[PDB]
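The chain is numbered in sequence order, starting from 1. Just so it is clear, the values below take in all heavy atoms, side chains as well, and ignore hydrogens, waters and symmetry mates. Both counts, for ligands and for their atoms, begin at 1 and track the order of listing.
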Amino acid sequence: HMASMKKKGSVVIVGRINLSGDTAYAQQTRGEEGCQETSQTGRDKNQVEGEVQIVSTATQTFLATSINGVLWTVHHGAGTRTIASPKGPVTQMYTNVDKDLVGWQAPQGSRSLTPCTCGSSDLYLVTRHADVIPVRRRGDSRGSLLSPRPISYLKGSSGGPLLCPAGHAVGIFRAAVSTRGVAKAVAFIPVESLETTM
Ligand SMILES: CC(C)(C)OC(=O)N[C@H]1CCCCC/C=C\[C@@H]2C[C@@]2(C(=O)NS(=O)(=O)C2CC2)NC(=O)[C@@H]2C[C@@H](OC(=O)n3cc4cccc(F)c4c3)CN2C1=O
Ligand SMILES: [Zn+2]
């Protein structure tokens with residue numbers, strides 16, 4: 001009945017993929033109990049750093065990537081949810097189910113990637129375990145893994161970036177193309193589609 005209707009929680013930043021140095025590594029900044037509480041309140045006072053965040057809801061964990069001052073992720077992870085922030089829940093500024101794309105204003109302290117203008121097809125996918133996987137671009141929204149991986153390896157990395165050699169954002173990881181559970185290719189949201197959305 002109306003009085004007892006629940007609301008979905010916020011997406012919560014729970015860590016980040018550190019790409020600053022010469023070693024890439026995943027860092028957790030909030031544990032599960034704190035994530036649960038922050039999802040309910042929508043109030044997150046933790047400091048945010050870096051370009052790739054690890055994000056969670058009550059039921060899923062995935063990635064989100066800052067590009068041109070917007071924190072982007074996949075709709076199949078975030079739905080229409082708010083994101084937790086120091087001042088309470090923040091509403092999505094972009095929602096596009098047709099593109100499997102959402103975005104919120106980038107949190108204070110994040111750093112943004114620049115959209116790629118290189119026209120280059122040698123790419124790199126960053127996973128939630130901070131693996132940096134070479135990917136050859138094969139079309140507007142597809143690329144092949146140079147070394148195939150079981151899909152287990154890629155699960156939870158949607159919302160992460162594909163980058164060019166120079167570290168520009170080329171796209172947002174959306175889906176794995178798998179045969180018999182082995183991913184030989186990935187599908188991504190091209191950065192130009194984000195740029196049009198903006
Ligand atoms: C499209 C094609 C060629 C048929 O392929 C596939 O459908 N294959 C599957 C293989 C799944 C096995 C695991 C693969 C491992 C990792 C995958 C990256 C990943 C992920 O980590 N999600 S998550 O755990 O973080 C999760 C917590 C956030 N995404 C998925 O699972 C997505 C979700 C779902 O697809 C979608 O709802 N949309 C809506 C779209 C709108 C436009 C364009 C698109 F393409 C769209 C795809 C199926 N997905 C695949 O990948
Ligand atoms: Zn580039």
Asker: Any chance you know which drug is at ligand 1?
Answerer: danoprevir
Asker: Find the chain in most contact with danoprevir and give its name from the PDB entry.
Answerer: NS4A cofactor-NS3 protein chimera
Asker: Define the binding site of danoprevir at 4.0 Å using heavy atoms, by chain and number.
Answerer: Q60, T61, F62, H76, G77, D98, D100, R142, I151, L154, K155, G156, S157, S158, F173, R174, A175, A176
Asker: Examine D98 against danoprevir and note whether any of their N/O atoms are separated by less than 3.5 Å.
Answerer: no
Asker: Return a yes/no value for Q60: is any of its N or O atoms, backbone included, closer than 3.5 angstrom to an N or O of danoprevir?
Answerer: no
Asker: Numbering the atoms of danoprevir from 1, which are under 4.0 Å from a heavy atom of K155?
Answerer: 15 (C), 16 (C), 21 (O), 24 (O)
Asker: Side chain or backbone, does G77 bring an N or O within less than 3.5 Å of an N or O on danoprevir?
Answerer: no
Asker: Could you say whether the N/O atoms of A176 and danoprevir ever approach to under 3.5 Å?
Answerer: yes
Asker: Considering only protein heavy atoms, determine whether one is less than 4.0 Å from atom 34 (C) of danoprevir.
Answerer: no
Asker: What do you think, any protein heavy atom under 4.0 angstrom from atom 5 (O) of danoprevir?
Answerer: yes
Asker: Any nitrogen or oxygen of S158 lying under 3.5 Å from a nitrogen or oxygen in danoprevir? Just yes or no.
Answerer: yes
Asker: Flag atom 2 (C) of danoprevir as yes if some protein heavy-atom distance to it falls below 4.0 Å, otherwise no.
Answerer: no
